[PDB]
Structures are given as C-alpha cells and as structure tokens.
> 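This PDB file has motavizumab in it.
Letters go in sequence order (proteins before strands), and every chain restarts at 1. Side-chain atoms are counted along with the backbone in the values below, which use heavy atoms only and exclude waters and symmetry mates. Determined by X-ray crystallography, 1.9 Å, according to the entry header.
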Amino acid sequence: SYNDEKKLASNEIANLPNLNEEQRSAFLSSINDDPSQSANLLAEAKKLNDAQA
Amino acid sequence: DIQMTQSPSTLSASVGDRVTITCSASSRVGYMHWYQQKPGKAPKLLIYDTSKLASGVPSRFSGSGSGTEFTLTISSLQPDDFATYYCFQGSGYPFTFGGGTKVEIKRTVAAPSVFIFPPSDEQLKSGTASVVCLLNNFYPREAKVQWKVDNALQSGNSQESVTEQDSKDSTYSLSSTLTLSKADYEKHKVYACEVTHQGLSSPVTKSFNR
Amino acid sequence: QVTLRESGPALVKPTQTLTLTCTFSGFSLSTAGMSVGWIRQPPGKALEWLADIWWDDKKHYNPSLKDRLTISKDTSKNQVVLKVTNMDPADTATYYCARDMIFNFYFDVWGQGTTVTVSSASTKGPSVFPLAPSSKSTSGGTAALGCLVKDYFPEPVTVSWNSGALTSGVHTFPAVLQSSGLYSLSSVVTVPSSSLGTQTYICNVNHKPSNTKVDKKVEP
C-alpha cells in the first residue's frame with residue numbers, strides 16, 4: 001500500500017497554489033521514488049509555497 | 001503481492017433486479033476500483049476510489065467497502081449492464097485485477113427466427129460450399145441444430161457460433177455452418193436445417209433444393 | 001479529451017520479441033504526475049497488468065512477466081513503447097494501454113486494444129462471400145442478409161455495414177477455428193423487406209493482419 005501514501009501526498013502537493021511546473025515535478029518525483037519521505041517533502045513544499053506567496 | 005477474489009464469478013438476474021458483486025483482497029488497500037467490460041470492447045472505468053462514479057456512469061451504480069472487503073452494487077439491472085465487471089487495486093505493485101464477474105440478464109423466453117442461406121455462386125466456383133443456418137434473437141441460450149442432407153443426418157461437418165447477449169433485448173443469436181466440397185454438394189438435392197428450442201412447440205425445419 | 005491507441009504486429013513467432021506502441025492525445029507524459037500503463041487479456045481470461053512508465057521515467061514491471069518487459073517513452077511524439085521478449089502462445093492476448101496519474105492510481109482512460117497472436121502458422125487473408133437475402137431469410141416484415149468471411153488467420157476481422165451507417169440489427173458472430181487451422185465468421189443484419197429494392201447494403205470487411213479490405217454489396 002505504498003501507492004496510497006504516494007496518492008495522499010501527491011494530492012496534498014497538488015493543493016498548493018504557488019509552485020511552478022518544475023517544482024511540482026520535483027516533489028512529485030521524490031514522492032514517486034520514496035513515499036516514506038512524504039511527511040518531509042510536504043513540509044518542504046509548504047515552506048517553498050509560502051515563500052512564493 | 002495483493003490479490004482479489006470476486007464473487008460470484010457468474011451472475012444471472014432479471015431486469016430491475018438489484019445486483020451485488022463482492023471483491024475480497026488478500027490484504028488491506030486504501031481504495032478499490034471497478035471496471036465494466038462489454039463484449040469486444042476495452043474496459044471502462046465504472047467506480048473509482050471505492051464509491052465515486054466515473055463519468056458517463058448512471059446513478060444506478062454504487063460502490064462500498066474498506067479494508068479487504070469491497071462491493072459493487074447495481075440498483076436496477078438494465079439490459080445494457082450485460083458485461084464482465086472487474087475490481088482493481090492500485091495501492092501496491094504489481095497492480096492487480098479480480099478474476100471478473102460475468103453478469104447475464106434473465107428475460108422471458110423467445111423463440112428463434114430461423115433462416116437459411118445456400119452457398120453463393122461465387123464460392124461454388126472456388127470448389128467449396130458453405131450452407132448457413134441462422135437462429136435469430138432467442139432466449140435462453142440453449143438450442144439444438146441438426147443438418148440433414150437428403151434426409152440423412154450429418155455429423156462433424158458443421159460448426160456453430162453464438163453471439164453474446166444483446167445489450168438491448170438480452171437475446172442471443174446462433175449460426176451453424178455446413179461445409180462441403182463443391183463435389184459432395186452437387187451429389188445431393190435437399191439441404192435442410194432442423195432447429196429445436198424451448199420457445200418452439202415443435203422443431204422447425206428450413207430447407208432448399210439445389 | 002483523452003484517447004490512446006495501441007499498434008503493433010497481429011502475429012509474431014515463438015521466441016521472437018514483440019514491440020507494441022501506444023500513441024495518445026489529450027494529455028502529455030511530460031506533465032507532472034502522469035503515467036501510461038499496459039494491461040493484457042488472453043482469450044476468455046482476466047485482465048493482467050504488465051508495466052507502467054511515469055513522466056519522471058520511473059518504470060514498474062509485473063514479476064509474472066519474468067523480466068521479459070522493457071517500457072520506454074517519447075514525450076515529444078506522445079508514444080510509449082513496450083517490448084516483450086521470447087513470445088510464447090501463452091502470450092496470445094489483446095494488449096491495452098491506458099492513462100494513470102500519481103493522484104489516482106487507477107487507469108481512467110484505455111485504448112481500444114490491439115490483438116496479438118503467437119504462432120508459427122503464417123498469415124492468410126479472408127475470402128468474403130455474399131449471404132443474399134431471399135424468401136428463405138424473411139420473417140415478417142424483415143429479411144436477413146450478410147457476409148461470410150472464411151479462411152483467415154490470425155484474428156481479428158472487423159465488419160461494418162454501409163460505412164458504419166447501418167448498426168441496428170447487425171450480428172457479427174465470433175470466429176470459429178476450422179480443422180484447417182483457419183478462422184471463419186459471418187456477419188448478418190435484418191432490415192425491412194421493403195428496403196431490398198431501394199437501399200444498398202454493403203459489408204466492409206477488414207482483415208488488417210493480411211492488409212485485406214473488401215467492400216461487398218449484398219443483394220437479392
């Protein structure tokens with residue numbers, strides 16, 4: 001059920017309004033590679049999102 | 001890996017019946033998805049994320065479940081629901097499908113219209129002859145078709161084929177083809193197809209003279 | 001909207017490698033989160049997932065295929081290619097490609113599928129013969145007529161009527177394998193008897209494996 005972790009985390013990345021396509025691709029690919037890093041990657045995405053608000 | 005067993009594997013219900021198909025997975029998945037596959041067509045997404053309706057899917061369809069046990073429900077079985085349904089999990093690799101559930105429609109008995117086509121002249125030139133008997137739009141599927149050439153029953157020189165249930169009237173049709181070299185063909189006179197079916201009071205014969 | 005279309009040989013010999021191509025539109029495989037996967041279905045059996053590829057070039061393969069698979073993409077041309085080594089008659093199946101997304105993990109759009117047969121036997125084209133309507137194929141009211149497509153290999157054969165304009169009443173029967181090792185099927189359609197004189201009826205027969213196309217007019 002590693003893909004359920006991917007799916008949940010990926011939708012949370014999709015929810016972020018301020019990432020460009022390059023950045024979305026970066027985080028999604030990292031999630032795709034290793035779902036156990038989701039909590040960390042989301043934190044990183046949210047921080048980057050907010051800095052680009 | 002994660003595997004799924006569906007039940008039942010075959011299901012027969014009347015129009016308007018409520019139908020339920022279950023899918024049990026070998027281990028917990030977060031979601032179950034369902035596909036509908038009509039005869040000769042690719043699977044089409046029907047239910048996704050366990051209970052969400054895919055686009056172009058009537059409110060008739062619904063899905064439920066969690067953990068290892070999931071169900072698909074059709075609240076008013078229609079003729080066009082004739083299909084095989086598959087559950088599918090994408091929660092772990094390899095992705096897997098259940099074994100499928102073929103849903104058949106029960107309906108009122110219907111006698112076949114019987115037709116016979118002699119060998120076309122075009123074929124007779126090539127030196128072969130096929131005589132085609134056709135039973136059209138009948139229910140149920142069970143039927144018997146025997147060939148008689150000059151009153152003599154035939155064996156092993158004919159082949160049958162039956163359609164899948166029609167998506168509109170839930171009937172079947174069936175063709176039986178008798179194949180003979182042009183030689184043996186012009187060696188006999190009357191060619192006849194004999195048909196037996198529940199919807200017929202007595203066996204119907206369709207014939208022609210060479 | 002999204003469409004996918006599979007292409008490749010209809011027939012391959014045992015031990016040979018199969019190459020299938022999926023060409024798609026309505027989406028891009030350079031889009032973040034996007035994927036294409038391949039699924040097959042042997043005659044009368046369940047669907048089996050084979051492989052997938054992601055926009056980031058990540059790939060997965062079903063262990064059941066014993067490392068026989070290679071998948072690749074050309075994002076430029078909207079194509080995904082799947083190769084299968086060492087084909088066996090057990091691999092005879094219809095092969096489908098379909099779109100997935102990392103937000104979904106379900107295949108939401110599929111191609112029409114492409115049929116592959118693994119056999120040493122060689123390609124053979126159909127003969128198409130008239131099944132002319134007559135007093136003997138009339139009920140009512142209604143007359144049946146059709147086309148007999150005989151002696152071909154491998155599957156499949158497709159039959160339309162009147163370039164697709166005629167759909168109601170058509171039955172194209174599943175092919176049957178003859179003892180010669182070749183397939184044969186019929187297609188038939190019931191129409192009003194009163195149209196026999198005024199309406200032209202033509203069966204369009206395609207056997208793509210042998211590059212055969214035949215438009216036969218069927219008349220009384």
> State which chains or ligands correspond to motavizumab.
chains B and C
> In this deposited structure, which macromolecule lies in greatest contact with motavizumab (chains B and C), as labelled in the PDB entry?
motavizumab epitope scaffold
> Which chain of motavizumab (chains B and C) has the most heavy-atom pairs under 4.5 Å with chain A?
chain C
> Report the source organism for chain A from the entry.
Staphylococcus aureus
> For motavizumab (chains B and C), which residues of chain A fall inside 4.5 Å when only non-hydrogen atoms are compared?
A:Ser1, A:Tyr2, A:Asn3, A:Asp4, A:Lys6, A:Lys7, A:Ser10, A:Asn11, A:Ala14, A:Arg24, A:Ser25, A:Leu28, A:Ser29, A:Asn32
> Which residues of motavizumab (chains B and C) line the interface with chain A, counting heavy atoms closer than 4.5 Å?
B:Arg28, B:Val29, B:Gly30, B:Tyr31, B:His33, B:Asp49, B:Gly90, B:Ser91, B:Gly92, B:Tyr93, B:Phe95, C:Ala32, C:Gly33, C:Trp54, C:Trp55, C:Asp56, C:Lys58, C:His60, C:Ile102, C:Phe103, C:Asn104, C:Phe105, C:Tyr106
